[PDB]
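Structure containing fluoxetine.
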Amino acid sequence: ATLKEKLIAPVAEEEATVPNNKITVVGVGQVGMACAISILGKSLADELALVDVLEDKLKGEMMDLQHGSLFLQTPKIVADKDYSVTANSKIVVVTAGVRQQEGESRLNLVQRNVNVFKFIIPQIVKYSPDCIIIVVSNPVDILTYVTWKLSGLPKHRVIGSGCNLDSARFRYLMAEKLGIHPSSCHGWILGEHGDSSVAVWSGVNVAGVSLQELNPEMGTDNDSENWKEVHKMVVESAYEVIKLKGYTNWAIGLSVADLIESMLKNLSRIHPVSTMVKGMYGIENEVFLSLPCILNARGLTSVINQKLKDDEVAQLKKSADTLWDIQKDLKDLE
Amino acid sequence: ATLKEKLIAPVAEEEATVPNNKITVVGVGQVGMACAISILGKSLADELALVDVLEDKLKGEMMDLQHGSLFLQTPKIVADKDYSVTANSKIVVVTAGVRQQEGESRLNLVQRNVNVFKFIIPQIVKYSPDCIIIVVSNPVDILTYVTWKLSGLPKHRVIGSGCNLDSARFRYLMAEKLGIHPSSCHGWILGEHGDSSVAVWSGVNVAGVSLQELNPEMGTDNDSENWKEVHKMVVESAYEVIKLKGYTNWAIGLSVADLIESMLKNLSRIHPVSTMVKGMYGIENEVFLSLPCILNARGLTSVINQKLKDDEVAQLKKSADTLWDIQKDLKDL
Amino acid sequence: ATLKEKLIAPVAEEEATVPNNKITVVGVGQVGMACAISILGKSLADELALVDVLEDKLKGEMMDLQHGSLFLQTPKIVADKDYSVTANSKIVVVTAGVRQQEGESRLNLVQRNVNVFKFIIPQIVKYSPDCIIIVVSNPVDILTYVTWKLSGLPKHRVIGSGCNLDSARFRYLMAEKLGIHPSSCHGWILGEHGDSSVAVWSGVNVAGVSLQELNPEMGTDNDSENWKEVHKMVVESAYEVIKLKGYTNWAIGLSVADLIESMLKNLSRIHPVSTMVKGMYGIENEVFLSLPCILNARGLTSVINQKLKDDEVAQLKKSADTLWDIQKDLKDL
Amino acid sequence: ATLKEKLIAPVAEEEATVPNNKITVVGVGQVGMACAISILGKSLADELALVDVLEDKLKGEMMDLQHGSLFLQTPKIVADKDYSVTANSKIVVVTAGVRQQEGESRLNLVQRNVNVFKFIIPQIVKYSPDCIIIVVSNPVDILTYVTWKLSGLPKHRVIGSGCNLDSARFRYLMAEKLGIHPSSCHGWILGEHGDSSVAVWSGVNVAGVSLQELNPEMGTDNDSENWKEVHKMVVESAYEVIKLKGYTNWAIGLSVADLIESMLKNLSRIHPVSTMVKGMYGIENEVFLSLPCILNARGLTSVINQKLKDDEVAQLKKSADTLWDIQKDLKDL
Ligand SMILES: NC(=O)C1=CN([C@@H]2O[C@H](COP(=O)(O)OP(=O)(O)OC[C@H]3O[C@@H](n4cnc5c(N)ncnc54)[C@H](O)[C@@H]3O)[C@@H](O)[C@H]2O)C=CC1
Ligand SMILES: NC(=O)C1=CN([C@@H]2O[C@H](COP(=O)(O)OP(=O)(O)OC[C@H]3O[C@@H](n4cnc5c(N)ncnc54)[C@H](O)[C@@H]3O)[C@@H](O)[C@H]2O)C=CC1
Ligand SMILES: NC(=O)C1=CN([C@@H]2O[C@H](COP(=O)(O)OP(=O)(O)OC[C@H]3O[C@@H](n4cnc5c(N)ncnc54)[C@H](O)[C@@H]3O)[C@@H](O)[C@H]2O)C=CC1
Ligand SMILES: NC(=O)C1=CN([C@@H]2O[C@H](COP(=O)(O)OP(=O)(O)OC[C@H]3O[C@@H](n4cnc5c(N)ncnc54)[C@H](O)[C@@H]3O)[C@@H](O)[C@H]2O)C=CC1
Ligand SMILES: CNCC[C@H](Oc1ccc(C(F)(F)F)cc1)c1ccccc1
Ligand SMILES: CNCC[C@H](Oc1ccc(C(F)(F)F)cc1)c1ccccc1
C-alpha cells in the first residue's frame, strides 16, 4: 500500500468538490499579484486561480504562492493560460493589459486594452457564467463599460474598481492633515478614475462635522487652506508614483481586496466604484463612472443618490462627457 | 417618498438571498453563547441563527449580538424557538441540554439529553438536510452516536467536538512545563471526552522529538517527569473549573470555532474529534469516540491510522467498552 | 537532567522581561468576561490579568481562558484578588460593581458603585502608574469623573466607555432601516450613556449625504419617518435586553475591544467616549460625558468640535445638568 | 484659526511618542516589499520604515503603501536612504543585496553582499542598538554570521530566516502528497538554506504518527515513494521558481512575517531559523545554520536539542563544513 493508504482511513466517499469562494485573478503582473497576495492574506478565497499569457511567469507565481501555503488558508492554488482553470469562480478580477508609461494618460491606453479585453471577457463568462467581474485594468471606467457589453452580464455583476482607490488616497491626505486615522476621515472622489475626477467637497466630514461648513471656501481657487491642492495631489498621485517606481500596485491590491471582502461576506457596504449611471445627474448615455454603491454577495445592487452641489454636478457631468467621448467610438462589442 | 427610496436607487431587482455560510447554534447558555461569540469574532458566518426553548433569553442574546453588529462581519443574526429559522444551515452546533453538577460524571446526563436530542435532531435535519452537525452537549460521544442514528446523515456530517478540547488542555499543560507556545507542543488525548480518555504518549513531541524517546517511562508509575499527573489534570480539569465557576464555556467555544474554521475554509486540517470507530483498533461495535480526523467543507472525511502502543490500545478499548455499555441499551434511535 | 533541561539549550540568559501589551480587566462578571474574550480573540494583549473579589470565580475564569490558549495569542493569563498581579498594565478596564435591575436607572447605582471605586481605583494606580483606565461600570460618566479624581491621572488617561455602544446601537438600527452595513451608516449619540443621551441628527449621514437634508423633520414629531423612535429604541435598548436576559455584555465587550484596538495600535481613530467637557457647549463644571474623541497610544488626546444645532446643544446641556447634579454632591474624592 | 484648530480641541499636550512596535525593512526589492505587505496585512507594526539606496523607488514604494493606509492599521509609514528613519526599530529585516542569477548558487553571492553588509549593519545598530535583526539576504547563514560579528549584538538578537521557508516548502509538498493542510504535516528541513539542507526524516509525522515507521525506507535511495525526491524538490524549488519568474519573494515574505509575529506577540513558538551552532552535534566553529529555535519578544532565546539519526548528524556536519569553509576566510568583521 501507499503511505497515504497506510495513514488515511476514508470516512467519506471521494468526490469532486465544488469550491465555494473561488476567486480568479487575470494578469499576474504587479497589480495582479498585489491583488492575489491581499486576497490570500485576508483568507478570502478557498481556491485561487491565476491566468496570464506568459506561461513561465504564471507557473512561477503559482509555485511561489503555493510555497507560502503553510502561512495561508487557501487549500488550492491553480494557474493556467487556459481559462478552464477559472471554472466556477465567484469573482474574477481582471488586471491584464498595458499600463501607463510615465506621464501618459490612462485614456491613451484604451485601444490597446480594448483589444485585450475582447479576447478575455468571453472566456471568463464561458467558464464562470455566474461570476462577478471586478475590472481593474485602465482606463477602468471605459473597460468596465466594455466588459459589461462584451459579457452580456447584468449591470450588478460587472464592477469597475473605480474611485475606491482615489477615495482612499483622498482620505489618507486629509488624514495626514488632521492627524487622525484615514477611516475616521470621510470624503468621496467620484466620476472618472483619472484626470476628471470629482471631489465631493460637500460630503467631506469628520464625525459628522461638515468641513465645508467649517471652511465655505473649501475647494475654490480662493481658499487660504488650499484643499483644491488635495484633490490635485489625488489626481496626480498615479503619475507621481509611476514616475518614482514605474507602476503602482499595493494600494489598488488592498482596495480590490476591500471590495472583495464586502461582496463575499455579504456586508452591503458602500464603496465608490464604477457603474452605469445612465439617467442620473442628467447624464444621457450609458456612461460608466464611480458613484457610491452597495456591495454585497450579489455584486453592485444599489447606487446612493446624493445632493451634489452645483459645481459638483457640473464636474461630474464634465467627467461623464470626457468618458462618453471615448465610449461613443467603441465598435464590435455586441 | 420613503427615505430609503429617496436615498437608494436600485441597480439589481431585490431578490431573496440564501446564505452561504449559515451557522446555527442550538442552546444559548454559557457554552452556546461562548460558541456564538467565537464564531462571530472570526467572521465565520454570514448568518447566525440562535435556537432555544427560553424565548426571552433567546431574543435577549440575539439583540445583544445585533447591537454588536458594527464591530462584526455578519449581516444577519436571527433567533427563534421554531427550527424554521435555521433552514439552510451549513453547520449546526448543538449545545442544548443539561450539564454536569459539581462532581457529576458526564454519563449521568445521557437519559436526559437523549430525550432532548430525540426532539431537536429531527427538527435540525428537517430544515437543513445537507448540513454538518457538530455535537457539543454531554456526554458528547454518546450524543454524537444518538445524533448519527436519529438524523440519518452520513457519518462524515455528524461530528462530536470530542477531545479537541482535552487535547487543547493537554497542550497547554505541556507548554507550561516547557515554556513554549501550546501550538509548538504536540500530543493527542483520544477516546472518551471524560474520565476514560487516553493520552497517546508515543505521539507526544516537540519539533519531531519524541518525548517518550527521551523517557521510556513517560506515563507510567515510575516516571521522573510525572506525565501521568498531567493526564490526570486533563481529566480533572472540567470538574475543577466547574467547582470554581460552576461550568466551563470559554475553551470549548474556542474549540468549536477552531473546528468550524477548518471546515468552512476547507483546509483539511486534523483535529481529535468524535467519530464512529467500528473496525479500528479491535473495536467491534459502532462506538463513537475521538480520533484524529481530517476536517474540511464536506465535514469529517477521513480518520488517521496510528501505530498505538499496546497500553494505549488497551486504554482505548476500555474507553470504548465504557461508552458501548451505555450505547447498547438506548432505544428508539 | 529534567525534560526541559534535556530538550532546550539556552541561547539567551534568563531575564525577567516586561510585557509590552498588558491589559487588566477588573471584574470577571458578564461584562468583564465579554471584554476578556473580545480582547483575547483580537490578540490585543500579550498578558491578560483578571481581578475580582470572588476568588473562586476568578480562578475558574482564568483556568477556562488558559485552557483555550492553544487557539489564542496571549502567552500569559494571570488572576488574583491582589492588585500586584495587575502591575505594569498598559490598559486597565473596570467592570466591577453592581448593575441595573429590571427597569432601574444607571444613576441609581451611584453611591454603591462609588464606594466600590474608592477601593479599586487607588489600587490600580499603585501598580500601573502609567496605564490608561477604561471605565465601563455604571454610571460610566459619573464613575469616569470619580476615577479621574481618585487616581490623579491626567484627563487623557481616564476614558469612559461612554456612548461608543449607544452609537453602535444607533448605527445598527439605522442599518436595519436602510439595508446596509452599520459601518456605512454614520451617526453620533453623545452625552450621557443613559436616558438623557443626545441624537446628533445633523451629523447623521450615509456616504456623506446628510439625512436631515433629505428629511428636515428628522428628530421632530412631524416626522414621516420615525427617527425619534430610533433614538428612543437606543435609549430603551439596555432595559429591553436586561428584561430578556438579565444584563447586557456581548455588545459592550466588542465596544471595549474596539476602543482598546484604536489605542494599542495608535491609530488615532474617533470614538464617542466619555471625557471631561468643562468649557464646551456652555457647560460650566467638570462634567464627564461622551463626545467624539481621538484615541491612540497616549489615550484620549483630542475632542472634536462640532457645529451642533441649537436643539442639540440644548439636549446636551440637559444631559450635562442631569450628570452634574449628581457630581456636585460627591465627597471624599 | 486653522481648519484643524477649529475642528480639533487638544485634550493632552503635544508630546513626541516612541513607536511601540517599529519594524524597518532594509531593501524594497521583490523580497523587501513582499515582507512589507505581509507585515502590514497582519497589522504587525505601528510604524513601518523602509530603507534603500534607490531614492526614487524608495519614495514610490512608501507612497503606494501610504495610499493603502485606509485598509491598513499602521498609522506611520516612512522611508529614506538615511538610517535615521529606522531609529527605535524593534525589528529590522535586512533584504538588501544581489540575488541569484538563473542556476546560480547562493554562496556565489558572498563577496558582493559582504560589501553591502559592511555598510548596512553598522548603520542599523547605530539607530536601534536594542533591535532584533532578521537576516534574509543570501547567503543567509553566512550573512547572519557577518551581521552577528559586525553588529556586536548578542546571539539571541541576530536571526537568519534560515530554513523556515525550506520547511514551509517541505510541508507543502508533504501536504500535497497526503491531501491534508500543510499545518497538519510536521517536518523539519535544517542546516544550510541551500543545496546542503538536511531533511530530518525521523521527525516527519502527521498527528504524531512517525511516517518513517510506516515507510522505513523514507529518506533512502531504495524507497518506492521517493521521499528523497521530496527533499530534492525542496532544494531545487528556488532555482525552478527563479527560472520561471526571475526570483522568489511571496513565500519568503510570508515566512518572515510568521517569524515577526512569533516575536512581537511573545509567543515562544518554534521555527527552523539560522543560529550560531558551535558546540552542537560535533560542530567545532562558529557556524550559523538552522535548527528549531524558540522565538519570542526577547528574540531567539533557545535551541531544541534533537536526537538526530547518525546519517542526519552526518548531513548536518557536512552542511556545517560547507559553510565554515567560506566563513573562515572572511576579513574585517
Ligand atoms: N484601477 C486602478 O486603480 C489601477 C489600474 N491599473 C491598471 O492595471 C493594469 C495592469 O497594470 P500592471 O499589473 O502593473 O501591468 P503588468 O505589465 O506589470 O502586468 C500586466 C499583465 O497583463 C498580462 N496580460 C496582457 N494581456 C493578457 C491576456 N490577453 N491574457 C492574460 N494576461 C495578459 C501581462 O502578461 C502582464 O503579466 C493596467 O492597465 C494598469 O494601467 C494599475 C494600477 C491601479
Ligand atoms: N464537549 C465539551 O467539551 C463540553 C460540553 N459541555 C456541555 O454542553 C452543554 C451546555 O452546557 P451550558 O451552555 O453550560 O448549559 P446551560 O444551562 O448554561 O445552557 C443550556 C441551554 O440549553 C437550553 N436547552 C435545554 N433543553 C433544551 C431543549 N429541549 N431545546 C432547546 N434548548 C434547550 C437551555 O434552555 C439552556 O439555555 C452541556 O451539555 C454541557 O455538559 C459543556 C462544556 C464542555
Ligand atoms: N457602560 C456600558 O455600556 C455598560 C456598563 N455595564 C456595567 O458594567 C458593570 C458590570 O455589569 P456585569 O459584569 O453584568 O455585573 P456582574 O454581576 O456579572 O459582576 C461583575 C463583577 O463585579 C465584581 N465586583 C464587585 N466589587 C468588586 C471589587 N471591589 N473588585 C473586583 N470585582 C468586584 C463582582 O464580584 C462581579 O464578579 C455594571 O456596573 C454594569 O452596570 C453593563 C453593561 C454596559
Ligand atoms: N533567505 C531566503 O529564503 C531568500 C533570500 N533572498 C535574497 O533576498 C535578497 C534580495 O532579493 P530581491 O528583493 O529579489 O533582490 P532586488 O533586486 O528586487 O532588490 C534588492 C534591493 O536591495 C537594494 N540594495 C542593494 N544594495 C543596497 C544597500 N547597500 N542598501 C540598501 N539597499 C540596497 C537594491 O536597491 C534593491 O532595491 C537577495 O540576496 C536574495 O538572494 C531571496 C529569496 C529568499
Ligand atoms: C458516509 N456515509 C455512510 C454513513 C453511514 O453509513 C454506515 C453504516 C454502517 C456502518 C457500520 F456498520 F458501522 F460499519 C458504517 C457506516 C450512514 C448510515 C445511514 C444513512 C447514511 C449514512
Ligand atoms: C492631559 N490631561 C490634563 C491633566 C489634568 O489636568 C487638569 C485639567 C483641567 C482641570 C479642570 F477641570 F479645569 F479643573 C483639572 C486638571 C489632570 C488632572 C488630574 C491629575 C493629573 C492631570
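The chains carry the letters A, B, and so on, in the order of their sequence lines. Chain A uses the PDB entry numbers throughout; the residues present, in order, are 1-334. Heads up, chain B uses the PDB entry numbers, so what you see runs 1-333. Sequence positions for chain C are given in the PDB entry numbering; the residues included correspond to 1-333, in order. Chain D residue numbers are taken from the PDB entry; in order, the displayed residues are 1-333. When a ligand or atom number is given, it counts from 1 through the structure's own listing order.
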Check your understanding: Which ligands or chains belong to fluoxetine?
Key -> ligands 5 and 6
Review point. Which chain accounts for the largest share of heavy-atom contacts with fluoxetine (ligand 5), under its name in UniProt?
Key: L-lactate dehydrogenase B chain
Point to revise | Other-chain heavy-atom contacts under 4.0 Å with fluoxetine (ligand 5) | key: A, B
Check your understanding: In terms of atom number and element, which parts of fluoxetine (ligand 5) are under 4.0 angstrom from non-hydrogen atoms of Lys155(B)?
Key -> 1 (C), 4 (C), 15 (C), 16 (C)
Practice item. Pull out every atom of fluoxetine (ligand 5) sitting under 4.0 Å from any heavy atom of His156(B), numbered as shown with elements. Key: 1 (C)
Point to revise | Min heavy-atom dist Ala12(A) to fluoxetine (ligand 5) below 4.0 Å | key: no
Practice item. Could you list which atoms of fluoxetine (ligand 5) come closer than 4.0 Å to a heavy atom of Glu286(B)? Key: 9 (C), 10 (C), 11 (C), 12 (F), 13 (F)
Review point. Which atoms from fluoxetine (ligand 5) have a heavy atom of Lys278(B) less than 4.0 Å away?
Key: 13 (F), 14 (F)
Review point. Should you measure from each heavy atom of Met276(B), which atoms of fluoxetine (ligand 5) turn up under 4.0 Å away?
Key: 10 (C), 11 (C), 13 (F), 14 (F), 15 (C)
Exercise for review: If you have a sec, work out which protein heavy atom is nearest atom 7 (C) of fluoxetine (ligand 5) and how many Å separate them, to one decimal?
Suggested key: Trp148(B) CZ2, 3.8 Å
Exercise for review: Please write down residue, atom name and distance for the protein heavy atom closest to atom 19 (C) of fluoxetine (ligand 5).
Suggested key: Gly152(B) O, 4.6 Å
Check your understanding: How far is atom 22 (C) of fluoxetine (ligand 5) from its nearest protein heavy atom, and which residue and atom is that?
Key -> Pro154(B) CA, 3.4 Å
Practice item. Name the UniProt NAD(+)-binding residues of chain B with any heavy atom within 4.0 Å of fluoxetine (ligand 5). Key: none
Practice item. Examine the proximity of fluoxetine (ligand 5) to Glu13(A) and report which part, side chain or backbone, both or neither, has a heavy atom under 4.0 Å away. Key: neither
Practice item. Provide the binding site of fluoxetine (ligand 5) at 4.0 Å, counting non-hydrogen atoms only. Key: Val11(A), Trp148(B), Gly152(B), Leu153(B), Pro154(B), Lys155(B), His156(B), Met276(B), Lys278(B), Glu286(B)
